[PDB]
Every structure is written in structure tokens, then in C-alpha cells.
Colleague: 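The following entry shows FTC-TP complexed with p66 Reverse transcriptase/RNaseH.
Reminder, nothing fancy here: chain letters follow the sequence lines and each chain counts from 1. All values below were derived from every heavy atom in this structure, side-chain atoms included, with hydrogens, water molecules and symmetry-related copies excluded. One-based numbering, in listed order, for ligands and for the atoms of each.
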Amino acid sequence: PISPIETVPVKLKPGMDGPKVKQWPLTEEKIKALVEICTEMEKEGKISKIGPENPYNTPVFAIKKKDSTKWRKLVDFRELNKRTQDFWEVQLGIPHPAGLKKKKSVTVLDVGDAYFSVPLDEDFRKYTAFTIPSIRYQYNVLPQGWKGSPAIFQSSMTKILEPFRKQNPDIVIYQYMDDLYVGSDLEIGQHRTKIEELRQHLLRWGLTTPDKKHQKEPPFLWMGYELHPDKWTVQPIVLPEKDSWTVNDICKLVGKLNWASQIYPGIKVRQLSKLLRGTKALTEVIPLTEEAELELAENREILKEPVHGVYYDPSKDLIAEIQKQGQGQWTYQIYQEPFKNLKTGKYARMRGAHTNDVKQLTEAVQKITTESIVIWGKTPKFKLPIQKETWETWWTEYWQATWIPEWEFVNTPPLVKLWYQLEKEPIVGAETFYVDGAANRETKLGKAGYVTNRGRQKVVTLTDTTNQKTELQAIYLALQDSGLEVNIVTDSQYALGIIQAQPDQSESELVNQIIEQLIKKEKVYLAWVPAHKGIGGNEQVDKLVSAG
Amino acid sequence: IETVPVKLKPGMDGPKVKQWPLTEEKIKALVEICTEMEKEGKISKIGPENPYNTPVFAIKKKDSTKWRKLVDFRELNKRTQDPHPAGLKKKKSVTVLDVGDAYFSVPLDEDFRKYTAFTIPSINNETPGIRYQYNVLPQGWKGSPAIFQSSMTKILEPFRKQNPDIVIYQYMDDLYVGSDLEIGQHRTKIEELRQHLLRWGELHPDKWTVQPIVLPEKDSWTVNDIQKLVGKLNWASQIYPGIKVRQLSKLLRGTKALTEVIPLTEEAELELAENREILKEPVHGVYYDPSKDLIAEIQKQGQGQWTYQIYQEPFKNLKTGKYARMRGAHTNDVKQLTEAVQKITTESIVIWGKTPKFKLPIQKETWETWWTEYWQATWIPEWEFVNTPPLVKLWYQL
DNA sequence: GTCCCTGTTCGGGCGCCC
DNA sequence: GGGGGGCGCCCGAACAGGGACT
Ligand SMILES: Nc1nc(=O)n([C@@H]2CS[C@H](COP(=O)(O)OP(=O)(O)OP(=O)(O)O)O2)cc1F
């Protein structure tokens, strides 16, 4: 039936008018599915025959559902969607089984033909004109294909349930579209009585709940999961086995893996992900790199294993544990009692041209924190592979505000560390290098070199380069020709800002070579001086590399 | 009471900022507060055909069992169609009262209401968001004090006449009250005003430090010392054109070991004397201009020390100061840093009756993850995040 | 001014849900 | 097979802001 709920007032965008677009051809089978559905909707007042008083039109079609027997009628409203006003989406995210608490009685219910039970504003009905080829109808209810439909339904549903929620604050109703998870701490007879009350409430507002879709016994099928009473599980994940992979193939495998990582610990997709670079189209084919090759294999082995998650006990604590995976990849498991994960995940986001492990760890902690707050509404305690002293050093010598919430060290390598440590004071008995670089904007030609206090001077010439690059080149050069202990003096704010942040990884081949050298050295000390101010021997090296 | 029509700036649409995730604590407080406000006509449930939105959260005050709802109207305020007392910056004591309650007594122009929508989230997305709209003058909207000014002036009217050398200033939801009364009589005065305000329905400005730049004193100078020195002065000379560097730079003639000690010539020893003084004299020629924003810059100096400079045009510092704190274990940079921007916002309101735009030395995600856990003010400054060149770090060092 | 380099947003694919 | 809203993940395009240089 149609809800007697108030319609939600909608309008087109200003100066815009409804859509005129020719129906396209349809399969015979689809045409029959269509009029079986329409002759029935029309009969129930969900749609009305229109005449020549309606200029507009929009193409319709259909697709089989998950029950494979029933058809879902759809409307390619892409055009009317463009000319329909903005809504504020009310759905703020996706509920997660690991955020559910142990319940004594559980029920799952679908609403029957949900959209077609919510009336559509009268002034707007005309813009939904469609045509069934073999009859011209228009929608009186919400149509599947329009951009107003999800939020209008989600809000409508929330109105309808407020009364029951307020009357019954200790029944918990997870509400995702027309899907309802209902949980209570009542005995099965009392619970079932409450479910009937909920079904009648819903039916008073025109929303039927078919028994066919009413789950009474575990395990429950919910949001892609199976809820058993003490544990939950994700419905099986199947990975493609192409031997030739396209961009789309790849993109389709990284998704299923991401999906998998919420409960499958140790998943990685760096090497797969790299393939996706430069590829100008979904259909492009790409050969797996040797390391991508190997990676996919590791994940395939992971999926074979049997795994579940548990529900949430608020009396206990939330603990998050982080594992370093290499190459800017991290895995985490969130739990309350050891070896009983609530859930898991990964962090593999490369942010920054240059960075190091302690930074990324800080970024992993922040992501996990934000996610725990969405799912459980509180921060977890951390276990991290980083010694208190390492973190203390980094915090001490980093010119930025940084911080991690309450955490305890876990010696599960590979541990997170600082791979080198610049000195705070200049080094006694270490050769002092004054480095510099210059480049010609037009020719792209340049020079990098040094001068040392012991009389050494070297100048190297370059091509297709830049100022920044030649400043970084000069530094690399001084590391290459210096001993195990070196003082380096530069006038490059650019170069000094990178190196002082103690990176161990970079996009830049050159910064990587520099990092290698910094790791080998026993002591390095980097000082800055303002350029072009006659400060020897910055002055001396300036003259050298300035033959351009 | 008939409403005061209000408009947006021209060619501007209403705010559309996504709500961020809240803790359980905060959501329960907001659900609790909102249902009451709804029970009193102050806010109404709305649908999603209202396309606008503005974030919301909540703070638990000091030692208390009371939460304060706090809507982030920074965007709205930026898009809303648009006399501070010099005397307030000079008072032994200044007390800050929260008069936000007062606004709920004034209806809100019906056409404007839609631009004040907000959304309450649920734990683990058990439900879609619950959207509300305002029916009165919302706290945190810069429109609220404006429209309520006239009624405000009547209220404080005779408290002022009766106490003509207590100065009362209003900024947004806030009332600033300064006096030279010894604490106790200032306290008894403040409560007098509060009594006076229930009938209708602490700081110390004078003792705020200025943070001079300063130069090392040494018996032995090495090449490295002098190079650091010269570079610091080369930059300081953008602020203080008086600064001179030539005689010191002459000691760095040649190409020498960083740890070689160098005896200061008497000239270079001299200009060291000058520069030391050219730093004492105040920054000449910097005029506060309200057509432009106050920019605040903050630097982490370590050991819980923080430095900052308020300016409108680069190198033209209106003020430069310092924030010190605890030295130990539980030190939390993010908490110290939000305390810093709150002390600095506070000083700006008091001195120029305006809010600074902060340039913050923190990662954006690190800050947005945690600042609402240390926030205690009814307003919220504008900010932007900025990884600061490790050079300026040493310029303002103490 | 321009060029260079770095950081943000934002839209485009895919994953999952209904 | 062609539609919609939400979140997630990656990527590249656009554009912003600071430094170095003519
Ligand atoms: N792919 C989908 N597009 C949609 O627009 N919908 C919308 C949003 S939820 C609403 C109804 O979902 P259901 O899958 O329960 O389908 P239904 O209510 O149309 O019919 P029924 O519940 O099977 O009786 O249809 C669902 C889809 F799966």
C-alpha cells in the first residue's frame, strides 16, 4: 500500500525544465516484465496514465534481482537528476557488524516494495513521465533511478520509526535503506511480541514486511555478512583467475581485496596498485610485474584460511595492534580479548613526496582512531612496534606538533625506527663541505659542486636539470666524497627542509640515493647560510657552479 | 516579536560542510540537548530537501556534568551579509561570561532558517542523520550579537551607569568584563552582573609578555656560531631595517672548518652591540587595519615552549609572544597547541575585537582528529595548516 | 612576473550494501 | 547491458602557495 506520510517538497533547479528523451528499444522479455509490473502499479495508484498534457519522457528498463525470479524496474533519470535540486544526504556511512553488541534475541526484516510505498510530491510527478512500448505513465511514488529517492526514503523511514524508537528505547534497530536489524535483551517470546508491534507500526504507515524476507533464526544474512550468535563472518570472497589482466580486471581485484581486509589480516595491494598508473582506459591490458605477481599469490593464500570476527563488549577495552608490512604498508587488528579480533584493516596511503616510517605510523594511528570513533564511538588503546625512546627522539627533533594516544610497545618486528640522525652541533675533525648548485632556466643545463676547508674542490655538470635538483645534487656529491663524518653547509632552504625531516623513502631517485649515504655515515651535520651574501666559502663555491 | 530580515553576501550560497564523526559521549549530549531545544520551539526537524549543512559537536566544561553544544558556523559567518574599547586591554582583571543563552529569545528570520541546518550522527551508523534547523538566534552565528545588540544595550545599561569604570564588552556569545578591583571585589562585582542578567532572562590583560628577538652572548665564537648568527640577523633585518651584518660576515672570509674559533674584531664586536639594541626598540610603523584579517603564526620551540606572531602584512608584526607549559611525560603537543590558539584568539578579541586566521604547524589530519577534545571556547577561529620552514624555528628561539 | 616543487580537493574508475 | 544514494580504495588533473631567479 502507499504510506499516508507527507511527501517531501522538491523542485527542479532554477530556469530548468523537465526531460524530453526518446524511449529506447527493449527486449521482448523485458517488455513483458515491464507491463506485468506496470499494470499492477497503475492498479494500486502507484502510477497514472498520462496524456498529451505531458511533454516529458525518460527511458526505462529492468534487470533481474538476487532472487533471480523477480524483475527490478529502473529509470535512466540521468537527465532529470542533473536538473533536480541538491539534497543533503542523510546516510553518513555504513554500519559494521563489529560495532554490534551481544544480543539475546535478534531479527532481520526487509520492507516489501519499499520505494513504491512512499508517495512522490504532486508538483513533481509530471517530470517522471515514461513510456512502456509494446502506454504512457507517470510516477506517484518514488522511482528507482532518481537521485532524490534514497535520501527521501531514508528520511521518511526515520520519521516513521521515531515514535517506535521513543516508545521502545531499548530495542535496537539498525536501519539501512529498507533493511532492519532488530535486537533486544528479551526472552524469545517477549521479543517476538515486540517484533509484531514493530511490524504493525510499519503497516500502519503503509510499509509491509513480507514473511518471505523475515529471518527468525541464526545465522542472519545482513549487509553482506552472516551473523552467528557469538561470531560473524563475511560471505565468501572469490578472486578472478584471468591470465591476462586489464585495468578493469585489476581495479576489480583491488576492491575485493580492500573489502576482504576488514577481517582478513595481512592483505597487501601496493604492487597491484602500482600497475594502475598511466593507464588511460579501463580496457587497457597490463602485464603483472614480478613482485605484483608474487603479491597476488600471498593474498590468495590468505583468503584460503578460515576467519571470523566477534561482537563488541563495552565493559572491556578497545585495543588496536599495528604491524609494519614494508614499503609504506600497514596491517592492524582491533580487539578486546587476545586472538579474538573485532575486525582488521590496512593503511597503505603514500602521502608526501618524501616521508619516513614514524610519520606513516602516525598516519595509521590517526586513521584507525577516526574509524574506531565511527564504529564504537571511542578511541582504542594502541600496541605499536616502536620503542618509547624512538618516538621520544622523533617528537623531540621534529619541528611539528605530533602525537599518538595511549600506547604500549610490542616487540613484533619489523620494528619502526629512525635510520639516521643528524647532529645538533657541528663535528670536530670532520671535513667541512660548502656545496652549491645553479641552473639555466632556458637551456636546462647546470652545475653542482663543493669546496672544502682542506682545499678540495669538485664541480659536476648536468643536463635537463633544475635549481632544486642541482642543490640536491651538490649535497649527494659531498656525501659521496666525504668520510664517515662530514659537515655540510648549504644555502638551499628547499634541500635543508627535506633532509632535516629524516626521510627514509622518496618518490625521487635522487633523494633515495642521498638517503642511502646518510644511512652509511656515522655523523652528518647540515647547516644553512643565506646565499649571495659573501659568506665564504659559500662565496667560493658559488663562483664555481656559476658558469651559467 | 517581528524578525529582522537577513541576507547572504551577494553571489554566495549557504554552507554545505559534512558533519564529522563524534564520540558516544558527545552524541548522547547533543541528542539530549537537541530534544529539549526541540521541546521549546528553538529548533525544528527538517528533511534532506534542505541542501544546506554545518558541522556540530559538544564540549564538557571544566569540572562539570554539563555539556555545551557548539555549532561550527565559521563557513556560514563568512557568507553572511556584514565599537571595540581600547580600554579593555588595560585592566588588572578581566572576566569572561557566556551570554549565549540570551539569543534563544529572539526569533530568526524565516527565510534565513534553512541556512542554519545541522545533522546529528549515530554510533556505527545505526541510523541516517537527524537533521535540525534553527528557529531563533543560534549561538556562534555572527548575526546573533548584531541583531541582539539593541536589547543587550538596555540590559547592561544601568549596571554600567552604576559602575561606570567597569568596562563590559561583547564578542559573539561572550561578555568581557574588566575592572581594577582587587580580586574578591572584582568577583563580587561579577556575580552582581550575573544576578542582574538572570533578572532579564579569569584574565589579566595588563601582564601579557612581549617576546623580543635576542642574540647569543659568548666568550668563544666558532665559525659555526657566527654563520648561524649572521643568517638569523639577515632575516631579522626584514623586520628591523636597522640590523647590520657586514663586519661579522667579514670574519667568515675564506673557507674554514665549522668548529674553528674566531676572535671577534672590535668592529664586529661593535656592530654586535648595535644590533643587540636595534632589537630592543619597538617595531616602527604598523597600523591595525580591520579591512584585513589578523594572521597568526605558531612555532613549536620544544620543551613545551611555543612562539607566535600576530601580523596582517608579512614582517609587520602587530604582536609577538610566547606560550610556555609543562615539561615531562604526559606532554601532548596537540593539546598544548589548541591551548595556544585559544590563548591567542582570546588576546586578539581583547586587543582588536577580532579573530585571527591561524597558520598551524601540524598535519591537517592530526589536528582534525583531536582538537575538539581540548576545546573550551564558544567561538572557533579560522585556520589553515602549514609545514613551517625549519629556519623560522630558530629565529624566534629563546 | 616565471618556473619549480609540494600539498590539497575533487572527480573518475572499481569494491561492498540496499 | 544502459539507473540511484552511501562508505572504502587508488589514481591523475586541477589549482594554491612558497622559494629562487630575470
Ligand atoms: N540496486 C538497487 N537499487 C535500488 O535503487 N534499490 C532501492 C534501494 S533499497 C530499495 C528496495 O530494496 P529491496 O532490495 O528490499 O527491494 P524492494 O523493496 O524493491 O522489493 P522487495 O523488498 O524485494 O519486496 O530499492 C535497491 C537496489 F538493490
Colleague: Mind listing the other chains that have a heavy atom within less than 4.0 Å of FTC-TP (ligand 1)?
Modeller: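 Other chains under 4.0 Å (heavy atoms): A, C, D.
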Colleague: Please give the name under which the deposit lists DNA chain D.
Modeller: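 According to the entry, DNA template.
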Colleague: Could you walk me through which residues contact FTC-TP (ligand 1), taking a 4.0 Å heavy-atom cut-off?
Modeller: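 The heavy-atom binding site is A:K65, A:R72, A:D110, A:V111, A:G112, A:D113, A:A114, A:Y115, A:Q144, A:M177, A:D178, A:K213, C:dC18, D:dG3, D:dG4.
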